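Numbers in chain A track the PDB entry; the residues on display, in order, are 395-657. Below, all heavy atoms of this structure are taken into account, side chains as well, without hydrogens, waters or symmetry copies. Atoms within a ligand are numbered from 1 in the order they appear, just like the ligands themselves.
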Amino acid sequence: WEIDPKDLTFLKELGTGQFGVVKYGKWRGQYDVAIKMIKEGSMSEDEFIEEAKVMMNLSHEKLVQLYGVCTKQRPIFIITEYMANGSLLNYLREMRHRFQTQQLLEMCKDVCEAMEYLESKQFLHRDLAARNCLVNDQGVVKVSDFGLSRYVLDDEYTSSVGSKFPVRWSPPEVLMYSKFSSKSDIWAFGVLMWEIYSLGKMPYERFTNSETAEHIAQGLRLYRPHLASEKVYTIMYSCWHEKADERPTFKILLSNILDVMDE
Ligand SMILES: COc1ccc(F)cc1C(=O)NCc1ccc(-c2nn([C@@H](C)C(F)(F)F)c(N)c2C(N)=O)cc1
């Protein structure tokens, strides 16, 4: 789990975000990696490091792999699989003038496969959204930052009443009671399918976060993006039953997606 910084070569800065700067590099001069330099005070570092091996054990081809951490210096580095096309949210917005509708369904299948694997381990993602998915050089979408919100220090992001909480991806039981489960990841997946089929538009864009939480509590839901067929919309809408126990599992969604692909 501990990577020696001597084996890393840094090659290009890719960007910066909430948890720090990301660079593309090589491990032992040969293997592509992404390196995130964790922003001081953003994470519970000791707790993350003791559990980095847990996340390293979650190996599925549609999860962005965590390769290890460098912790004998400041800042700590988190080393992962390199995803050359970057965030899914930005990639969807760039796809707007060049795509086949068939590719949108294959992106949903990729994310669903990763989430069926996490569900099989009873591992909660807690912030599934297009901004937390990445895209590789072959256009395969993979899920990233799985479970990370448990280690974030800023209550503005982790509390349901924080200005930065992912209200637009959350079901009623999370907004009201902070009750997370595999079924709150199912709700967020349906919003992510809506983001894919809307080519990266913001969900509930006419509403503030406070108005969105009221809108969802009143039973109102996202309408059908024009690119989604009625069979595709039926799948995303199934993720949004008010009662969590009425929402499907990721194994059922995957079979439904594969049925639409087949037909
Ligand atoms: C699998 O990782 C985890 C799993 C569980 C967990 F709890 C935490 C982590 C974690 O912290 N990973 C650190 C990390 C996250 C994202 C990128 C990354 N980001 N980006 C872009 C948006 C940009 F712009 F930031 F560069 C890539 N292309 C990236 C790329 N990998 O090519 C790089 C490293």
Chemist: Choose one of pirtobrutinib, ixabepilone, tobramycin for the molecule at ligand 1.
Modeler: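 Of those, it's pirtobrutinib.
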Chemist: Please provide the name that UniProt uses for the chief contact partner of pirtobrutinib.
Modeler: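 By most contacts, it's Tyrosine-protein kinase BTK.
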Chemist: Binding site of pirtobrutinib: which residues fall under 4.0 Å, heavy atoms only?
Modeler: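 By heavy-atom distance, those would be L408, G409, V416, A428, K430, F442, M449, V458, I472, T474, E475, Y476, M477, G480, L528, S538, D539, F540, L542.
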Chemist: Filter the residues UniProt lists as binding dasatinib in chain A to those having a heavy atom under 4.0 Å from pirtobrutinib.
Modeler: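 In chain A, UniProt binders with a non-hydrogen atom that close: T474, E475, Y476, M477.
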Chemist: Which atoms from pirtobrutinib have a heavy atom of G480 less than 4.0 Å away?
Modeler: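 Under 4.0 Å from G480, pirtobrutinib has these atoms: 28 (N).
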Chemist: Provide the organism of origin for chain A from the PDB annotation.
Modeler: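 Source per PDB: Homo sapiens.
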Chemist: Which UniProt domain would you name for the part of chain A holding most residues in contact with pirtobrutinib?
Modeler: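 The majority fall within the UniProt domain Protein kinase.
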Chemist: Among protein heavy atoms, which lies nearest atom 25 (F) of pirtobrutinib, and at what distance?
Modeler: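 The protein heavy atom lying closest is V416 CG2, 3.4 Å.
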Chemist: Tell me which UniProt active-site residue of chain A is closest to pirtobrutinib and the heavy-atom distance to 1 Å.
Modeler: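 Measured on heavy atoms, the closest UniProt active-site residue is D521, 10 Å.
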Chemist: Of the residues in chain A that UniProt says bind clofedanol, which ones have a non-hydrogen atom under 4.0 Å from pirtobrutinib?
Modeler: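 Going by heavy atoms, UniProt's clofedanol residues within reach: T474, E475, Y476, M477, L542.
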Chemist: Relative to the heavy atoms of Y476, which atoms of pirtobrutinib are at a distance of less than 4.0 Å?
Modeler: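 Result: 32 (O).
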Chemist: I'd like to check which pirtobrutinib atoms, numbered from 1 as shown, lie under 4.0 Å from a non-hydrogen atom of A428.
Modeler: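 What qualifies from pirtobrutinib is 30 (C), 31 (N), 32 (O), 33 (C).
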Chemist: Considering non-hydrogen atoms of the protein only, which is the closest contact for atom 7 (F) of pirtobrutinib, and what is the distance?
Modeler: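 So the nearest neighbour among protein heavy atoms is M449 CE, 2.9 Å.
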Chemist: Got the closest protein heavy atom to atom 13 (C) of pirtobrutinib, with its distance?
Modeler: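 The answer is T474 CG2, 3.6 Å.
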